[PDB]
Asks: 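Pasting a structure below so you can have a look.
The alphabet sets the chain names here, A first, running in the order the sequence lines are given. Numbering, chain A: per the PDB entry, residues 390-750 in sequence. We number chain B the same way the PDB entry does; the residues here are 1-441, in that order. Throughout, chain C uses the PDB entry numbering, with the displayed residues spanning 1-428 in order. Structure determined by electron microscopy, 3.4 Å. Remember, it's 1-based here, ligands and their atoms both numbered in the order they're listed.
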Amino acid sequence: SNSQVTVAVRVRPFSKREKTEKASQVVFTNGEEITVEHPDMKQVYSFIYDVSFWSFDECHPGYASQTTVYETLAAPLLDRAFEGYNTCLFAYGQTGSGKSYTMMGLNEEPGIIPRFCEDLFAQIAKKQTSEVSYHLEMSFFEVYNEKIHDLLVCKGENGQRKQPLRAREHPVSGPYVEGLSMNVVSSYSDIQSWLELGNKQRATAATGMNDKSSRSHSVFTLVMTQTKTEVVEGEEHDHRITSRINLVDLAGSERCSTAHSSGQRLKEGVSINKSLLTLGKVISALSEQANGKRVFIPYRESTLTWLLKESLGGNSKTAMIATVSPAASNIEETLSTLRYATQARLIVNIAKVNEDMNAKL
Amino acid sequence: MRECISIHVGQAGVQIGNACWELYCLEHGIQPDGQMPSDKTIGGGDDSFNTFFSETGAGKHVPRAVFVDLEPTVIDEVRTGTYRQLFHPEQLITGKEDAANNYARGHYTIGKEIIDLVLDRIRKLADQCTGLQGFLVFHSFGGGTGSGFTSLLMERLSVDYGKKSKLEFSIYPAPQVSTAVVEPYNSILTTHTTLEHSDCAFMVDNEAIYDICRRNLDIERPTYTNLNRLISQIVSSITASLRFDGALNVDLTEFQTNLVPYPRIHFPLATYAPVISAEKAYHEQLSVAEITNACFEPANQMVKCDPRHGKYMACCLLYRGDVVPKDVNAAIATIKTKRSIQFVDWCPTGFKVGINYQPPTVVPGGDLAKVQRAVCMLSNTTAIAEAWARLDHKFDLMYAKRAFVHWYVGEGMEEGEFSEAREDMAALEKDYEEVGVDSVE
Amino acid sequence: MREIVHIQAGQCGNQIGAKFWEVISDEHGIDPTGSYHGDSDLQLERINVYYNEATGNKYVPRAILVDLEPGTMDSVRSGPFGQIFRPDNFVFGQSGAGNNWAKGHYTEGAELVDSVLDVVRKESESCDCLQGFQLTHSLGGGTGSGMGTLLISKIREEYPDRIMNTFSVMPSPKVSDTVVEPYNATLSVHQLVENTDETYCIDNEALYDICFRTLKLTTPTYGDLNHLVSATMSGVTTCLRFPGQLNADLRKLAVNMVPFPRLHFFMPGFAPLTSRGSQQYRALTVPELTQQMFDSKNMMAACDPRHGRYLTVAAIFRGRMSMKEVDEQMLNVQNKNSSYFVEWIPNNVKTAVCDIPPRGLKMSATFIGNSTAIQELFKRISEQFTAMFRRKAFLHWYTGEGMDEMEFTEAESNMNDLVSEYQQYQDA
Ligand SMILES: CC(=O)O[C@H]1C(=O)[C@@]2(C)[C@H]([C@H](OC(=O)c3ccccc3)[C@]3(O)C[C@H](OC(=O)[C@H](O)[C@@H](NC(=O)c4ccccc4)c4ccccc4)C(C)=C1C3(C)C)[C@]1(OC(C)=O)CO[C@@H]1C[C@@H]2O
Ligand SMILES: Nc1nc2c(ncn2[C@@H]2O[C@H](COP(=O)(O)OP(=O)(O)OP(=O)(O)O)[C@@H](O)[C@H]2O)c(=O)[nH]1
Ligand SMILES: Nc1nc2c(ncn2[C@@H]2O[C@H](COP(=O)(O)OP(=O)(O)O)[C@@H](O)[C@H]2O)c(=O)[nH]1
Ligand SMILES: Nc1ncnc2c1ncn2[C@@H]1O[C@H](COP(=O)(O)OP(=O)(O)O)[C@@H](O)[C@H]1O
Ligand SMILES: [Mg+2]
């Protein structure tokens, strides 16, 4: 009755725009270990993560392409979703590190999401018999200044409208959102339409980084219902099974302070960073909850956690991936991620006190 | 000319500066209303010197200082005390709200909209100065204003002015005592920037001055006014070479030259001769040798840091009053004979010396006494590593639980700007461990 | 300058605030005509933390009163310090809640919170730089919980960056003056811990013990209990109104005493309290106060601290005293009673000093302390509440005004999780 986290990373290769400027590499790897050495050569930070995807050079062994990321991270979530467990995956990286090529991909080189979804539908159409049935609903909502909004709804023919969606704690099924749409999906051609209808209504803005910078966390839920139980003295199911998958896109930890932000752009970096802090606290609590230490897991300080009390915790399986850049111009942007994902310390200098000895009659 | 600018930040800053400018106005025969009857009688002399007090035409005298707190209750006590008529009315009460004992406000969300006026006033004071310069920032760690505003001002003065001397005479936190609980985070975050943009930061520790006050002057129930006068005497001993005459003068550049070997080890300590009360002003010769022995005697250091557990890398000694240099030399050799005072192999020279013929002064309402001579020592030692690591541990106990962060992310500070500073102090804890190693072939 | 509003709700708030103003007016030297007759210029350098100004050198408070149904409206008006209050700010309604959180949150309070928020805005926008807001309401009752929490939930939406400081009278363990205390208190705490920065949990049995044991008073009425709560209210802001050697403010307390946000339920206290005869044998120094602050009985919150650990402590002082004596005594406390404090913080006490004391004393103090002991209170309710919820005792009155069981369960599982968040740190 344990859990896992399985933090990982992804070092992109140079873009041509950054490869013609002869930008200096600042990120090397030694198999599992990763390191970051400045161009000044006075300090060297070295980190260790459970997984390391090295996508710099096609010649290097241990090359972690898109399919490698799939088979290494996303398929166990698929398995536990079949085994009646809920799953939650996270994607992080500040703007320019290419989260999108890791999650979604390109129409010639896919990402995680569509591979995951097509393996889903193939496994369904394989196990689909007369006895068993599989039913899928989805949803795609966001978080913005700790307020909840739905991206899937078509906006009313109206002015600027902040939505009345608020949370509620059912005593048994757990937390949920009051009034959230739940549309049904059969083949991926539909889910792509729904996601692309969603993203356009997302909260974004321009900054010193780029015109395209997200400013609102995104949660994409897939609820999968298995119906196999059937009664022998009469047509009735003694029970069904429900699994909640939750793939999540995070905002970048803006340093509002160095961006000379002011106003509504300063009221976001204060909320974003708060949610990220609560998320880090929660995951560092879970990693200890796997080691038998009884502690508290503050799912309440942030909506992004409160909606996920059931998924992140219990007989479930979280997951993460973090995109970085190896350029020596995005160093402070990058190392933060490497220091934000320091949740792979599970056997690092634990003490010991045991008193039970030689129990007998 | 030979002129300085004195900046103060926070309640600690103003409460040091009030004593400092009291002392300065007392030394030059100045009254609180800027005027001089002393020059009106003498009819000559530069006594109200142009180094600190500028001069208008009506005989008045105007300080070369401002101070800001974002906390009006202090400055408005200057605008209603004995010294309301001296200063320029531009004491920056921008204190529509405090900086909440955090660094994020002082550095970015409540320092914005204030700093520009301070830069304008600093330019106005610099243009009045036709020569030497140097900023004396009197600020405080832990506190939010004295940290944030100091950082935001020093990173801008390293931009606009650059190649000048900048010296921070700040209050280190005590390891046991403290009047706060968010002290270490703010201290570390200040260090992260003031290791770069400053040139030499003299530190003090209020617990040390408490022990010095009860042990020597026989004062059981002090107040901060009894401490800030000792600190003003420290500063006066620093600046007598610039204001007044003497055999060997030490300009501000020499302090940052001779005591800062490497650019990152510029956090020295300071002390004085406060074994000197009025009743014990008698019963004691107060020579030069005795004081040079006392300045290295622990329990008289103004920072609780046992140096015998470490080493000295440089020292400067600034004497006031009647001193004959052969006594100074006998005293220095008496220390170099001793073995409980370790020096590094690469600084056998060791000491700088400065002498000034003017003795100290005696504030009415003072716990000290009248002396024909007095001393100020300024040393750079490795032992302050032990003074950093404590604040390096407290942090690491608390940040592991991520306490006290939500107030600081509430005002733009990232989660990851902490670890970027903690590792900087980890480096500075190494660059005090490699400097104290003896060379080998 | 920094400025405060004072919302004042219920049969406890509308009685506390009169006593609070009859205390501050004596501090700033104001008489019930609003005029000034003081002797020190310091009283009017910083009077604007609370009072506004009228034409003829009168001063009028920024007091808002919300449910002064005529029994209390008249009780304040037909009183000594009732003339000064702004009549347009004496808001009221009719057909009160009747010890019902719903009738004060959903149905009647919803009709009136607009008119109240209008006065709030009209008073705020006159201020130069708002620092925060106050409130003094009863829990367990209907209006002080309902309307207070409603106004909080709306004010923090309009004015999120600013402070909101609710000084609340929580229920007593033994002698309950209302049988619907648990439902209302739970439903209010569900809305306070989310939408508040700091609140100071007063309880009446502790004040009765304080007035019978320490002051040796044989006829303690409610006005004498309020006479204490007001001293605390004033001792919290002496650093903001008057000067000192090390100033402070509400934001500093809310920063240093709220390590995590949900752990902002506090235990106040105030020294030196003594009998009228036994003042001839007590030395008035700092260690006497510091002893009388960390005692288990000066606690206004009815929670023995020694059963748990103090996460954080704040001590405000008033008078011409030292700073070394303060720090030394607080370090001695941090070092002797180490188990009663926390280890993952090395310093758990801060200080603030004002150099201008109270009108009749030489040197006083005020104590704030966050402890793991206060969970006891929210444990009691969580034992009183659920037993009433299973068999649905007082439930129909709360459904009949537009609610459901779900909300109540939310409130229960936001209290118990917080009790767990406290109990996490008291073992070792
Ligand atoms: C000879 C003498 O010193 O009279 C004292 C007195 O005897 C004592 C007992 C006073 C007295 O306090 C009480 O009698 C009392 C009754 C019920 C509940 C609480 C107190 C005193 O009434 C209370 C009053 O204290 C104050 O006035 C403070 O300023 C207090 N304000 C008021 O009490 C007040 C009440 C109504 C109208 C105007 C002012 C205060 C202090 C700080 C912040 C807010 C308020 C004082 C000095 C005394 C008397 C008058 C006997 C004490 O008062 C306080 C609150 O500390 C009780 O213990 C102190 C110690 C004083 O010695
Ligand atoms: N030496 C000395 N230190 C003081 C004095 N007054 C306050 N301090 C120091 O100030 C620190 C408290 O924070 P401050 O530096 O005062 O911060 P502030 O001036 O109030 O400005 P804010 O942080 O915005 O509130 C403590 O560590 C004290 O040691 C003083 O008179 N003399
Ligand atoms: N300290 C104090 N508490 C009071 C006073 N009057 C009422 N209370 C408390 O307030 C509670 C009743 O709340 P009440 O104001 O009648 O409910 P409401 O009218 O709906 O706001 C009781 O538990 C009392 O202990 C008072 O004058 N002083
Ligand atoms: N493994 C990879 N190989 C090649 N290019 C990559 C890889 N990962 C990311 N990229 C590049 O990064 C770009 C995406 O960055 P972008 O998605 O705009 O950043 P963000 O994900 O922060 O929005 C893509 O155009 C892609 O070419
Ligand atoms: Mg301050």
Asks: What would the PDB call the drug seen at ligand 1?
Replies: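 The PDB calls it Taxol.
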Asks: For Taxol, which chain wins on contact count (greatest number of heavy-atom pairs under 4.5 Å), named per the PDB entry?
Replies: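 Its main partner is Tubulin beta-2B chain.
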Asks: Using a heavy-atom cut-off of 4.0 Å, which other chains touch Taxol?
Replies: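 Those with a heavy atom under 4.0 Å: C.
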Asks: Taking heavy atoms and a cut-off of 4.0 Å, what residues surround Taxol?
Replies: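 The heavy-atom contacts are C/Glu22, C/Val23, C/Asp26, C/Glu27, C/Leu215, C/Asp224, C/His227, C/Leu228, C/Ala231, C/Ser234, C/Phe270, C/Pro272, C/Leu273, C/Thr274, C/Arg276, C/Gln279, C/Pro358, C/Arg359, C/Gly360, C/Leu361.
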Asks: Out of curiosity, what organism is attached to chain C in the PDB?
Replies: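 According to the deposit, it's Sus scrofa.
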